[PDB]
Trainee: 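Sharing a structure below in structure tokens format, with a few things to ask.
The sequence lines are taken in order and lettered A, B, and onward as chains. Residue numbering for chain A follows the PDB entry; the residues present correspond to positions 2-332, in that order. The residue numbers of chain B are those assigned by the PDB entry, with the residues present covering 2-332 sequentially. Residue numbering in chain C adheres to the PDB entry, whereby the residues present occupy positions 2-332 in order. Note that chain D is numbered according to the PDB entry, with residues 2-332 shown in order. When a ligand or atom number is given, it counts from 1 through the structure's own listing order. Header entry for method reads X-ray crystallography, 2.1 Å.
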There are 4 protein chains.
Amino acid sequence: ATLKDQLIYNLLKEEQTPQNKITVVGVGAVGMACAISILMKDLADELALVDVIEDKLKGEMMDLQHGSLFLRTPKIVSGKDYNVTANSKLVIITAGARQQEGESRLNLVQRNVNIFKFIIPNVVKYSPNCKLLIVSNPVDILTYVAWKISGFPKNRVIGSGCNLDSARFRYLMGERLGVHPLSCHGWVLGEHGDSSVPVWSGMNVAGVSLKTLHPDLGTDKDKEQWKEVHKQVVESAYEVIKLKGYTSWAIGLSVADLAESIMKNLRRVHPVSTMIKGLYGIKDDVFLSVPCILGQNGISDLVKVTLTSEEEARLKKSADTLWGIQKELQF
Amino acid sequence: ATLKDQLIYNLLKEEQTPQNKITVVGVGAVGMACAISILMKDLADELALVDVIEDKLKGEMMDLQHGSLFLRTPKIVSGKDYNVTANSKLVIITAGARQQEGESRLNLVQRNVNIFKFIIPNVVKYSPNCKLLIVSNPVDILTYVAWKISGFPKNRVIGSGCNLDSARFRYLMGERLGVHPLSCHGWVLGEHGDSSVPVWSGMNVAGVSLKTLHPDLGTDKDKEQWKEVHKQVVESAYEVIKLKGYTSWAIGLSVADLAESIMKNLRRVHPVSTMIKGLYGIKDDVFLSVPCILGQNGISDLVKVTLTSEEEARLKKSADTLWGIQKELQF
Amino acid sequence: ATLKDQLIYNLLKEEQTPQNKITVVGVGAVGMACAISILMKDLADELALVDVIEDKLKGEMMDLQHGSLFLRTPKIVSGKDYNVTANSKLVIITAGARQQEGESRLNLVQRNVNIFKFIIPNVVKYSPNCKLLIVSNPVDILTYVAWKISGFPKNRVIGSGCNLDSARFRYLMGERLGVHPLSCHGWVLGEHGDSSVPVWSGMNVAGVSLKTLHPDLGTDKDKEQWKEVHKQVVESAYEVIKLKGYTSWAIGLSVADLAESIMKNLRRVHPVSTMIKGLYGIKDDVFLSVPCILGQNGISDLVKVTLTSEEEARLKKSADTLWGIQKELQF
Amino acid sequence: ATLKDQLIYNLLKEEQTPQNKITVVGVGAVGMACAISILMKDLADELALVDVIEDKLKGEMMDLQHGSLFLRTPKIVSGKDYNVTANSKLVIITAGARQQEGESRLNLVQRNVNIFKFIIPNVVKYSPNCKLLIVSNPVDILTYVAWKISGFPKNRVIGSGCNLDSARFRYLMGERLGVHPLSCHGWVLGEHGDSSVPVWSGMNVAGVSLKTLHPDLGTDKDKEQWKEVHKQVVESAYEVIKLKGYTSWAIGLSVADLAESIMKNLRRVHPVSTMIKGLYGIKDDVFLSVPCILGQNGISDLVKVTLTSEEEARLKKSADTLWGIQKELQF
Ligand SMILES: NC(=O)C1=CN([C@@H]2O[C@H](COP(=O)(O)OP(=O)(O)OC[C@H]3O[C@@H](n4cnc5c(N)ncnc54)[C@H](O)[C@@H]3O)[C@@H](O)[C@H]2O)C=CC1
Ligand SMILES: NC(=O)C1=CN([C@@H]2O[C@H](COP(=O)(O)OP(=O)(O)OC[C@H]3O[C@@H](n4cnc5c(N)ncnc54)[C@H](O)[C@@H]3O)[C@@H](O)[C@H]2O)C=CC1
Ligand SMILES: NC(=O)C1=CN([C@@H]2O[C@H](COP(=O)(O)OP(=O)(O)OC[C@H]3O[C@@H](n4cnc5c(N)ncnc54)[C@H](O)[C@@H]3O)[C@@H](O)[C@H]2O)C=CC1
Ligand SMILES: NC[C@H]1O[C@H](O[C@H]2[C@H](O)[C@@H](O[C@H]3O[C@H](CO)[C@@H](O)[C@H](N)[C@H]3O)[C@H](N)C[C@@H]2N)[C@H](O)[C@@H](O)[C@@H]1O
Ligand SMILES: O=C([O-])C(=O)[O-]
Ligand SMILES: O=C([O-])C(=O)[O-]
Ligand SMILES: O=C([O-])C(=O)[O-]
Ligand SMILES: O=C([O-])C(=O)[O-]
């Protein structure tokens, strides 16, 4: 008999449907950072990777598998064919178009739409019950696009949104105050990147509102120029890109944190991009970041942050601009 | 008063006295895989990064800092100047050229010896009591080089060695038997390279020797071709490099594994590059992998594996190859 | 409008079942050590507790719940009624009388069988697909009883068995060798109790056979008296009982280690109580520890350990001692 | 000659002085819950236990040691003599009388002062540079006593304080709001006991002030009776004590949480017992919980909370009750 049969007496065969499966789509730097972060937090019992680039895909799989001894995720698989993603609880999309010399925000989004029209139906075919976490940029528009193509109810389509923006805000807040980011509390909401909104009113340490100690916080009337902290959040991605080519590590950690809440049904509150029609005067099918309760069903609830009229008008303006673009798309 | 002063009453102005500081030298694929692995395993209270490409360096540091919210490593610093590395307990050298598709690690040696002549004096200046963990290829030769340039005693100069080769081996064993790598035991010793030695006599599950069950194990007349598993270990780096252009994740996890044992004083046994003059008839200052006890003072002890005379010969043959290259180097 | 209404907007009313639910029956010393160990290892999304002592049950539940902020298991419940236990993946049984100073574990059979006749049918009614993990003593006999009462197939009824004895053995081996127990390999099989069998032939560090180095190992005229190491393993519970009254922490951790393999489908090998009819000359339905591959379907496979004729005779003796007790049961 | 020497070739004899040693004094329910929580969080490379009852102490030590295989804390030691405590970074004092069912923690003062008169000088003799973490009740008063007796600067004498009371408060908040405690922020300050102070004005989810949404929050006329939540917090220990005899798991986890900030130098904010003379109108050497930044040097800073004058008067009353007792004590 074979060595294996001499060593091992089998009791039964027949596998079970995978219980805690995560899929990552796109094995570029962002996707791989999400993968390694997920593996190191033991969030999945199986991890599938999918991309069109067959060699890199396989290479990344192999390199992760070679580290199996040091992990507690016993099945890692990959393939260009989406059958490898079947029965995933959570599917993380990082795939997208790359920008060139110019050219047009509309053009850029349209090329992602085209890429999504292939990816999204493939994902829903094999994991009809999954939650979709959209990480690709521009994330708020692309969460809309994934929602539209999947036909998934809004609770199961989530955009990473201002999750990383807020964690960046808390880091920079921590640097200034000499306090770990965990104990610095602060929310950046609305549209990811340029037009995000720093909610100065919720900024606190140990429940002490920075705005109470310092009423002019964040305005042009404060000597400490905390507005600069929000600018840095907006600008920090551009600087990292300029310096190393791209962002990856912070997005990976940020995403694993969302995955943790989802996979473990924690019901923690995260700033993620969600369909906000009917909130803040918004009447269009648009996704923006507000604080959401994350769990086994995706977004079960959201928190209604009291915004000033200025803050509401910023979110409304963002919604208008996003809808302006989405209205012109074809799928 | 500044907002910070209104919020926070200072009791003491502390010092910058890190207790468990790790420095990673070189922030390419391998360096950053080592860094994220370390960060996600809470092995350090301070992470220092060093490189000669300053924009890359700053960008990688910033990207890690933006994830501080999701970490428990409160200080992450970097710089081209080695003063940021001061008082490191562990310094991990990942700097230098890497093998391209189809290229031997031994072909990297002149390029990387030059960069070790720059790096090593600068690390010893600012962390004279650190342990050196050498990752750059050819890792065995460069462990000797680091040992020689540093003037450190041999216990504090450790090459990542065959910790990875043995991990890969156990993964492949695992795939063949349907058993998790944790419960598959087997050792690859010698060069981290083409002349590595698979110790067939030591391979086991639950302490039952595979060689005893299957006397033709790893031989030519092996119908099951277990020699192909070791071949696959040998070829694994090249296969991953052919597919994705480099290896990173598996070595990142191997290095973290080694770091864990050192920083937590675990006294686990790892196959790491060490000075083996006096064993197996070797009488030159050759470094290569044999199982070592790893802890707070680096390698405290060597395990003496019972090798066959063929295995012992392989190891000697490998030793003489490495000494052939090292003898011509000057410092 | 309630505070909750004003603060939170609800999308999803329904609540899907818990995906990774564990139940611990018996909230005495062992039950709670299992509980805390499992909670700190993030192995469950829901933890259910059962006991016949209502006060103590509720008190223990509340004490854990108060620590929720520091855990990642969002639902902790209890009741004397087994409806709280429904849809459990894993049900760990720790209820029953414990041996006092000097008392054999086997002296507990009549008392703990009678308790099992009430507990097991209730567990099965509410979690028909669960894996049963038996900890109550005598654990080997009670696993047999749990198998017979439940009507479950043998793969899904596991006794904690010699996972603990083996951990103790490796600790003691470690203390003697100056090596972490992780790197010391030695197996103790058969009864979790006085007739346990140390497999000397399999003891190793880095795959090097201690027995081969030391032919007297485990013999009476061994100058180093290694039989004393196995003696200490046999005696360990008795010593701990006489010092603090009972054992809890170590079994807590051993149980969590088993639950980890089961809940995460790791396919690691553990010596656990299982039906070994048909090996080592055993013709009856004896349960005792042999190495088993442990995963999502419980015990999927047994490792056939190659015992010396003395080792096998001791193991056969162990099976005879156990069947002698089993043989006269009523349920 | 020995098996050990045939197996292992030694390089170094020198060793000793762990980097991250923690001592727990008192191995009753609280001490051992701290111990297991600390071990499972890998906060220490050595753990020392002390108690006056020698058999109990050895039994608890041995039980933990038997689980060594499952932990990454390679040295666990105990003794009645404080020499085993030498060189601790952190010493946790749990030894003392515990309150009976109908009993104030403040009724324990004389008994536990007596105990600290013996314990503290012995602790400081062997670890003059440790941080003291006081858990024994009444924790605030005994933190003052520890500070007085030891001669340590106030930054290095820390009471577990309201870290637990706040966790309970957040758990109960989470239950009412359908949200994980991590995302529910509310602070209970002052005495770890009956005069604790709920900071209604700082309570929030995602930076949204609950008091502004619901102005009667915390008042008598509140239709939702939120004041009942703080009543539950005050009564929680007595309720748990009535049900199971004592509290252990939540304080263990809370203490582990404090230990993690200290040992890893995180500079997170925690409500812990410290000397609050000079603030909130308090002019005496009272120790009470306020939010403090915890790190490598203990309490490096404290956060001044902008209490409402109603909230401030309650804290002042807590200060007055505690001073009434403090001022009578004999050294
Ligand atoms: N021991 C092992 O098993 C493995 C070793 N390696 C080796 O690790 C090394 C690095 O590989 P990668 O990170 O993929 O290469 P990489 O090109 O991505 O990064 C190398 C880094 O070293 C830096 N560097 C060069 N000279 C330097 C100096 N004087 N001081 C500081 N930094 C300097 C470069 O600027 C670059 O950032 C290679 O030699 C590779 O073969 C890679 C995988 C596994
Ligand atoms: N397999 C192993 O290695 C180990 C086994 N043990 C065994 O574990 C068992 C438990 O020991 P401890 O927790 O120390 O005892 P304990 O007396 O502290 O707790 C046992 C609990 O089981 C409960 N119980 C009794 N009848 C019950 C029923 N019909 N349904 C539900 N709960 C019931 C009791 O109310 C009690 O709370 C004993 O048989 C002991 O000998 C203990 C240590 C290690
Ligand atoms: N701060 C907090 O939130 C909490 C505080 N506690 C308090 O912690 C203390 C311990 O409670 P348990 O552990 O439940 O009590 P316990 O009775 O289980 O343990 C007390 C231990 O202290 C030891 N001890 C007594 N005098 C000693 C001395 N002179 N030297 C060394 N050891 C000595 C005893 O031998 C005993 O093992 C009590 O004061 C209790 O009220 C308890 C829960 C929470
Ligand atoms: N035939 C199958 C399908 O294959 C592609 O799907 C892939 C995307 O193309 C990838 O993204 C690409 O975008 C760049 C634009 O510059 C390209 O150059 C480059 N090759 C890629 O990186 C993305 N990461 C993964 C995704 N699975 C097409 O989109 C799709 O229409 C077509 O039906
Ligand atoms: O979206 C991004 O790439 C980012 O913010 O890092
Ligand atoms: O050294 C290498 O490149 C490897 O083995 O991954
Ligand atoms: O069975 C027991 O009590 C033990 O071994 O701890
Ligand atoms: O102090 C106590 O006993 C408590 O609150 O658990």
Trainee: Which macromolecule in this structure makes the most heavy-atom contacts with ligand 4, going by the name UniProt uses?
Mentor: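 By the greatest number of contacts, it's L-lactate dehydrogenase A chain.
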Trainee: So, raltitrexed, doxycycline, perifosine, kanamycin - which of those ended up at ligand 4?
Mentor: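 The answer is kanamycin.
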Trainee: Which chains, by letter, have non-hydrogen atoms under 4.0 Å from some atom of kanamycin (ligand 4)?
Mentor: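 Other chains in heavy-atom contact: A.
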Trainee: What residues sit within 4.0 Å of kanamycin (ligand 4), counting only heavy atoms?
Mentor: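 Counting heavy atoms, the site comprises A:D52, A:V53, A:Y83, A:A96, A:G97, A:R99, A:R112, A:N115, A:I116, A:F119, A:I120.
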Trainee: Verify the contact flag for atom 14 (C) of kanamycin (ligand 4), where contact means a protein heavy atom under 4.0 Å away.
Mentor: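 Within 4.0 Å: no protein heavy atom nearby.
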Trainee: Could you tell me the residue and atom name of the protein heavy atom closest to atom 27 (N) of kanamycin (ligand 4), and the distance to it rounded to 0.1 Å?
Mentor: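 Looking only at protein heavy atoms, the one closest to atom 27 (N) of kanamycin (ligand 4) is A:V53 CG1, 3.3 Å.
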Trainee: Look up atom 20 (N) of kanamycin (ligand 4) and tell me if a protein heavy atom lies less than 4.0 Å from it?
Mentor: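 Under 4.0 Å from atom 20 (N) of kanamycin (ligand 4), zero protein heavy atoms found.
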Trainee: Can you identify the UniProt active-site residue of chain A nearest to kanamycin (ligand 4) and give the heavy-atom distance to 1 Å?
Mentor: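 Closest UniProt active-site residue, heavy-atom distance to 1 Å: A:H193, 17 Å.
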Trainee: Hey, quick one: which residues UniProt lists as binding NAD(+) in chain A have a heavy atom under 4.0 Å from kanamycin (ligand 4)?
Mentor: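 Per UniProt, the ones with a heavy atom under 4.0 Å: A:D52, A:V53, A:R99.
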Trainee: With heavy atoms of A:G97 as the reference, note each atom of kanamycin (ligand 4) found under 4.0 Å away.
Mentor: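 In order of numbering, the contacting atoms are 11 (O), 13 (O), 24 (N).
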Trainee: Considering only protein heavy atoms, which is closest to atom 9 (O) of kanamycin (ligand 4), and at what distance to one decimal place?
Mentor: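 Going atom by atom, the protein heavy atom closest to atom 9 (O) of kanamycin (ligand 4) ends up being A:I116 CG1, 3.9 Å.
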Trainee: Under 4.0 Å and counting heavy atoms only, is there anything from the protein next to atom 30 (C) of kanamycin (ligand 4)?
Mentor: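 For atom 30 (C) of kanamycin (ligand 4) the answer is yes, since some protein heavy atom falls inside 4.0 Å.
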Trainee: In kanamycin (ligand 4), which numbered atoms sit nearer than 4.0 Å to a non-hydrogen atom of A:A96?
Mentor: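 Result: 23 (C), 24 (N), 25 (C).
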Trainee: Could you tell me, atom by atom, which parts of kanamycin (ligand 4) come under 4.0 Å of a heavy atom of A:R99?
Mentor: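 Those qualifying, in numeric order: 16 (O).
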Trainee: Among protein heavy atoms, which sits nearest to atom 26 (C) of kanamycin (ligand 4), and what does the distance come to when rounded to 0.1 Å?
Mentor: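 It is A:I120 CD1, 3.6 Å.
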Trainee: Less than 4.0 Å between atom 11 (O) of kanamycin (ligand 4) and some protein heavy atom, yes or no?
Mentor: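 When distances to the protein are checked, atom 11 (O) of kanamycin (ligand 4) has a heavy atom within 4.0 Å.
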Trainee: Look up atom 3 (C) of kanamycin (ligand 4) and tell me if a protein heavy atom lies less than 4.0 Å from it?
Mentor: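 For atom 3 (C) of kanamycin (ligand 4) the answer is yes, since some protein heavy atom falls inside 4.0 Å.
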Trainee: Closer than 4.0 Å and a protein heavy atom, does any atom meet both conditions relative to atom 24 (N) of kanamycin (ligand 4)?
Mentor: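 Protein heavy atoms within 4.0 Å of atom 24 (N) of kanamycin (ligand 4) - there is at least one.
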Trainee: Any protein heavy-atom neighbour for atom 7 (C) of kanamycin (ligand 4) (distance below 4.0 angstrom)?
Mentor: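 Protein heavy atom within 4.0 Å of atom 7 (C) of kanamycin (ligand 4): present.
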Trainee: Going by the atom numbers of kanamycin (ligand 4), which of them fall below 4.0 Å from some non-hydrogen atom of A:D52?
Mentor: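 Counting from 1, the qualifying ligand atoms are 24 (N), 25 (C).
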Trainee: In the PDB record, what organism appears as the source of chain A?
Mentor: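 The PDB lists Homo sapiens.
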Trainee: Give me the nearest non-hydrogen protein atom to atom 1 (N) of kanamycin (ligand 4) as residue plus atom name, then the distance to 0.1 Å.
Mentor: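 Of every protein heavy atom, A:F119 CE1, 4.6 Å lies nearest to atom 1 (N) of kanamycin (ligand 4).
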Trainee: What atoms in kanamycin (ligand 4) come closer than 4.0 Å to a heavy atom of A:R112?
Mentor: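 It comes down to these atoms of kanamycin (ligand 4): 15 (C), 16 (O).
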